[PDB]
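Drug bound: zopolrestat. Macromolecule: Aldo-keto reductase family 1 member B1.
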Amino acid sequence: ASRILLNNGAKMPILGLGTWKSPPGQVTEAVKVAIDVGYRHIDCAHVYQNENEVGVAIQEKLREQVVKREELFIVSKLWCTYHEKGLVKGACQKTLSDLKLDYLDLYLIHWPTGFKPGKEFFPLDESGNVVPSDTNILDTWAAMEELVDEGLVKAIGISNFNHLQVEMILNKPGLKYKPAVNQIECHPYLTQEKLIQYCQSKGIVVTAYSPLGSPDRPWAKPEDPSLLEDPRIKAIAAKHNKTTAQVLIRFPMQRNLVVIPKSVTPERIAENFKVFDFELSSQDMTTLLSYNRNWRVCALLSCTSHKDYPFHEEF
Ligand SMILES: NC(=O)c1ccc[n+]([C@@H]2O[C@H](COP(=O)([O-])OP(=O)(O)OC[C@H]3O[C@@H](n4cnc5c(N)ncnc54)[C@H](OP(=O)(O)O)[C@@H]3O)[C@@H](O)[C@H]2O)c1
Ligand SMILES: O=C(O)Cc1nn(Cc2nc3cc(C(F)(F)F)ccc3s2)c(=O)c2ccccc12
């Protein structure tokens with residue numbers, strides 16, 4: 001099936017286009033090609049610095065009546081320097097304005113950590129540590145609930161929250177809306193069995209990011225493991241007559257996850273979508289799970305002392 005049911009009663013396409021690192025001069029065309037070839041979900045964020053250009057693509061395909069708004073599922077994320085209650089509506093509204101939308105289908109708390117507000121996305125002290133804000137998870141969650149009650153977003157969720165942080169929201173005094181999604185890093189080197197079972201058991205849908213191991217991440221090092229070059233995964237692709245990327249995309253799909261591979265390459269945008277026509281066996285799935293090594297693309301050193309850092313934590 002192409003969509004999964006959310007606890008807000010709306011349906012979310014299980015394949016989306018990622019847009020982190022998509023250059024602003026290429027992501028308009030990338031999103032247009034995606035929509036043309038079947039993508040109906042786009043993963044966005046203010047911190048990606050390209051929502052304007054994403055929005056150009058969305059608006060042109062709406063204008064051309066390639067798709068209707070109702071059929072698109074657009075996600076963005078509240079950045080860490082906007083966790084204060086008084087900054088949240090504005091941050092959302094700037095995102096909406098850039099994306100050329102009147103509402104978002106899902107808005108996420110991007111990271112559990114609030115940073116000092118200002119023009120800087122990563123405010124640092126003189127020694128390179130991130131500067132926190134004294135905001136807490138639960139006050140930010142209340143501000144996100146207000147966005148639903150203002151019609152600006154259809155669903156709210158979290159990202160990069162560990163089990164206990166999810167649990168803190170689920171147990172929030174006066175909780176009005178449960179998180180719909182937890183978007184977390186997930187791939188054969190970071191399989192997340194624990195956190196995913198917890199979230200799903202609570203009816204929270206999990207979106208897997210960096211499903212290909214983010215080969216274009218700017219801090220990649222030659223000795224880092226490489227999913228797309230792992231001979232073991234290549235072998236499973238060859239057995240199915242598919243590419244390695246297609247295996248790495250289909251893998252989270254069979255775990256009842258949403259997956260959001262990023263590309264600005266039209267050939268790969270189309271290839272990445274052609275994953276609904278084959279199945280990995282249960283053994284392939286367990287074999288892929290066996291490659292776990294708790295390797296993270298996204299865990300920035302400058303943030304590891306924030307009080308709310310999520311990954312000290314067994315899960
Ligand atoms: N919530 C969060 O904190 C968070 C964190 C990280 C990422 N995300 C979201 O997750 C999305 C995906 O994660 P990601 O961007 O880190 O990386 P990814 O999707 O794992 O990998 C993207 C990289 O893979 C290449 N690629 C794509 N399709 C390919 C294919 N078929 N064959 C070979 N290479 C291929 C891309 O190259 P080209 O683009 O040159 O084709 C790009 O270098 C992001 O863009 C963002 O939307 C969210
Ligand atoms: O954010 C993305 O979508 C991609 C993303 N990831 N990272 C690695 C990060 N690691 C973090 C760790 C925490 C922590 F919560 F753990 F403290 C908080 C915030 C971050 S950003 C980045 O540094 C980054 C920089 C610009 C744009 C996007 C990103």
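Numbers for residues simply follow the sequence, beginning at 1. When reading the values below, keep in mind they use all heavy atoms of this one structure, side chains included, and skip hydrogens, waters and symmetry mates. Looking at the header, which is where the method is noted, we find X-ray crystallography, 1.6 Å. Counting starts at 1 for both ligands and their atoms, following the listed order.
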Check your understanding: Which ligands, or which chains, stand for zopolrestat?
Key -> ligand 2
Exercise for review: Write out the residues of other chains lying under 4.0 Å from zopolrestat (ligand 2), heavy atoms counted.
Suggested key: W20, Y48, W79, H110, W111, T113, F115, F122, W219, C298, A299, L300, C303, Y309, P310
Review point. Considering distance alone, does some N or O of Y309 sit under 3.5 Å from an N or O of zopolrestat (ligand 2)?
Key: no
Practice item. Name every other ligand or ion with an atom closer than 4.0 Å to zopolrestat (ligand 2). Key: ligand 1 (NADP nicotinamide-adenine-dinucleotide phosphate)
Exercise for review: Name the UniProt NADP(+)-binding residues of chain A with a heavy atom closer than 4.0 Å to zopolrestat (ligand 2).
Suggested key: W219
Exercise for review: Name the UniProt active-site residue of chain A nearest to zopolrestat (ligand 2) and give the heavy-atom distance to 1 Å.
Suggested key: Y48, 3 Å
Review point. Who's the nearest protein heavy-atom neighbour of atom 26 (C) of zopolrestat (ligand 2), and how far?
Key: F122 CE1, 4.0 Å
Practice item. Enumerate the atoms of zopolrestat (ligand 2) whose separation from the nearest heavy atom of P310 is less than 4.0 angstrom. Key: 14 (C), 15 (F), 16 (F)
Check your understanding: With only distance considered, is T113 within less than 3.5 Å of zopolrestat (ligand 2) through an N or O on each side?
Key -> no
Review point. Which residues of the UniProt substrate-binding set in chain A does zopolrestat (ligand 2) share, counting a residue if one of its heavy atoms lies under 4.0 Å from it?
Key: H110
Check your understanding: Looking at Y48, which atoms of zopolrestat (ligand 2) are within less than 4.0 Å of one of its heavy atoms?
Key -> 2 (C), 3 (O)
**Study point:** Nitrogen or oxygen atoms of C80 and zopolrestat (ligand 2) under 3.5 Å apart
**Key:** no
Review point. Nearest protein heavy atom to atom 6 (N) of zopolrestat (ligand 2), by residue and atom, and its distance?
Key: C298 SG, 3.6 Å
Point to revise | Nitrogen or oxygen atoms of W111 and zopolrestat (ligand 2) under 3.5 Å apart | key: yes
Point to revise | Which residue and heavy atom of the protein sit nearest atom 27 (C) of zopolrestat (ligand 2), plus the separation | key: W20 NE1, 3.6 Å
Exercise for review: Please report which non-hydrogen protein atom sits nearest to atom 10 (N) of zopolrestat (ligand 2), along with the residue it belongs to and the distance in Å to one decimal place.
Suggested key: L300 N, 3.2 Å
Exercise for review: Do me a favour and list the nearest non-hydrogen protein atom to atom 8 (C) of zopolrestat (ligand 2) with residue, atom name and distance?
Suggested key: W219 CH2, 3.5 Å
Practice item. Looking only at protein heavy atoms, identify the closest one to atom 2 (C) of zopolrestat (ligand 2) and say how far it is in Å. Key: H110 NE2, 3.3 Å
Distances only, to 0.1 Å: what are the N or O pairs between zopolrestat (ligand 2) and the protein that fall under 3.5 Å?
unit_1                 : atom_1 : unit_2 : atom_2 : d
zopolrestat (ligand 2) : 1 (O)  : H110   : NE2    : 3.0
zopolrestat (ligand 2) : 1 (O)  : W111   : NE1    : 2.9
zopolrestat (ligand 2) : 3 (O)  : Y48    : OH     : 2.7
zopolrestat (ligand 2) : 3 (O)  : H110   : NE2    : 2.7
zopolrestat (ligand 2) : 10 (N) : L300   : N      : 3.2

